[PDB]
Every structure is written in structure tokens, then in C-alpha cells.
Number of protein chains: 2
Amino acid sequence: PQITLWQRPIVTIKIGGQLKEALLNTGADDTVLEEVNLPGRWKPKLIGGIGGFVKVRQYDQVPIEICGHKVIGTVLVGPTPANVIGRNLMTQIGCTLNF
Amino acid sequence: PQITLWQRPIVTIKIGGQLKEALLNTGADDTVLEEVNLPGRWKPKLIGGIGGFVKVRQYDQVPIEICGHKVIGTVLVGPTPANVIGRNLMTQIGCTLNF
Ligand SMILES: Cc1cccc(C)c1OCC(=O)N[C@@H](Cc1ccccc1)[C@@H](O)C[C@H](Cc1ccccc1)NC(=O)[C@H](C(C)C)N1CCCNC1=O
């Protein structure tokens, strides 16, 4: 699956059992998903900080699938304008930039 | 040239007969650059997704070169803690995402 960017690269991930929309952001380095509940333990983490850091939850080693791409990776949780895949999960599904 | 993402995709471009470094951002619809005179006319444009827009200048059909691919597209110039290469140009040079 190769993906021109003429349209914004939104994909469907399966995560938490449930399925959701997300954006493959090479510009984003960590992965935030709108509010979701996941099991077991986590540790707080700040991100953003242009005008404040938002505080979110850090879950590590989480099962997620992206495009039949079953992967497992660190996944922040809490407020987000929208689900965002970042470089953290992309490397583990093996995404590259290609021209 | 295939750019894994363990790292921020920061490539050098040559816009303006100057040389800049800039980040490869599929998360970004446009290409915004840190002020840099350019000839030509301009339209004002707003960007920024929250607590205000950002006003900045739109130029069109500009010559830039990205990792040695020379190409033509709209580029926005003004206030951004960072150069940003967003999809507009990535299509132009024919970069994709793969996995
Ligand atoms: C949390 C969240 C949920 C949903 C959607 C969005 C847009 C959300 O995140 C906010 C955010 O800054 N997202 C970025 C990626 C992101 C999200 C979470 C963790 C890490 C990164 C990116 O996409 C947009 C954002 C906008 C920007 C903010 C400040 C000044 C100018 C531009 N751009 C930037 O931050 C980039 C950085 C990351 C190299 N940026 C900074 C310097 C100048 N130019 C530039 O392009």
C-alpha cells in the first residue's frame, strides 16, 4: 500500500478492539489518539508546549493494527483535535518516505 | 531516496537561491517557511488550526529544489518556529508513503 499525498493520509487503525480514523504524520513524532480507554498501567507525559504543554497518558507496548499491519507500540492517550500516527508507529509498520 | 523515520525527516531544500533545511510533513497541507524575501506578488492567507489564525504570505509557482528534485509550487512565507514541507510539494516531487 502506497499512498500518494494528494489527499490527507488518513487511515483506519484497529486499536482497543475498536476501529478509528488516523493521520500518518511524519511531522508528528509520537502518537495521540482521542480519548480511549486501554487496560493496565500508564504514566503521564506532556506533549505540545506551544502555549502550554498538554498533559496526556502514556501507555507502552500496545497492540494496534494499521492496514492489516498488526503492530505493537507506545501510544499516548487524552485530548486530541483528531487521532494522529506518528513516526513511532510508522517505523514499526515499516512506513517510509519515497520519491 | 527512501527515508525511514527513526528520525525527523529533515531534508535540505534550495528555495530562493538560498539553502534551507526543512521537515518532511505529511501532516501538513501546505508548505510554510520562516520569512525569506521573494519576488513576485502575493496574496494574504491564514493558517494555524487554534487560538487564532496566522497571517502570512502566499506565493505561487515558486522554484524550490528538494533533495535535488527541482519543482514548482505555492509556498507560504511568515512566522513558524520551523520550515515545513507539506503535501503540496510532496505530490509535486512525487513522494509517497510506503509500507
Ligand atoms: C495533539 C493533536 C491532535 C490532533 C491534531 C493536531 C494538529 C495536534 O497537534 C498540534 C501540533 O503542533 N501538531 C504537529 C505535530 C505534533 C503533534 C504531537 C507531538 C509532536 C508533533 C503538526 O501537525 C502541526 C504543528 C502546528 C504548528 C505549531 C506551532 C508553530 C507552527 C506550527 N507543527 C508543528 O508543531 C511542527 C513541529 C512538530 C516540527 N512545527 C513546529 C515549528 C515551526 N513549524 C512546524 O511545522
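Residue numbers start from 1 in every chain, and the chains themselves are labelled A, B, ... in the order their sequence lines are given, proteins ahead of strands. The figures here come from the full heavy-atom set of this structure, side chains too, leaving out hydrogens, waters and symmetry mates. Just follow the structure's listing: the first ligand is 1, and inside any ligand the first atom is 1.
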Worksheet item: What is the identity of the drug or drug candidate at ligand 1?
Response: lopinavir
Fill in: Chain with most contacts to lopinavir (name per the PDB entry)
protease
Item to complete: Provide the letters of the other chains having heavy-atom distances to lopinavir under 4.0 Å.
Response: A, B
Worksheet item: Source organism for chain A, as stated in the entry?
Response: Human immunodeficiency virus 1
Worksheet entry | lopinavir binding site (4.0 Å, heavy atoms) | A:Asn25, A:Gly27, A:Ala28, A:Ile50, A:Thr80, A:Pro81, A:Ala82, A:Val84, B:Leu23, B:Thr80, B:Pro81, B:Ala82, B:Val84
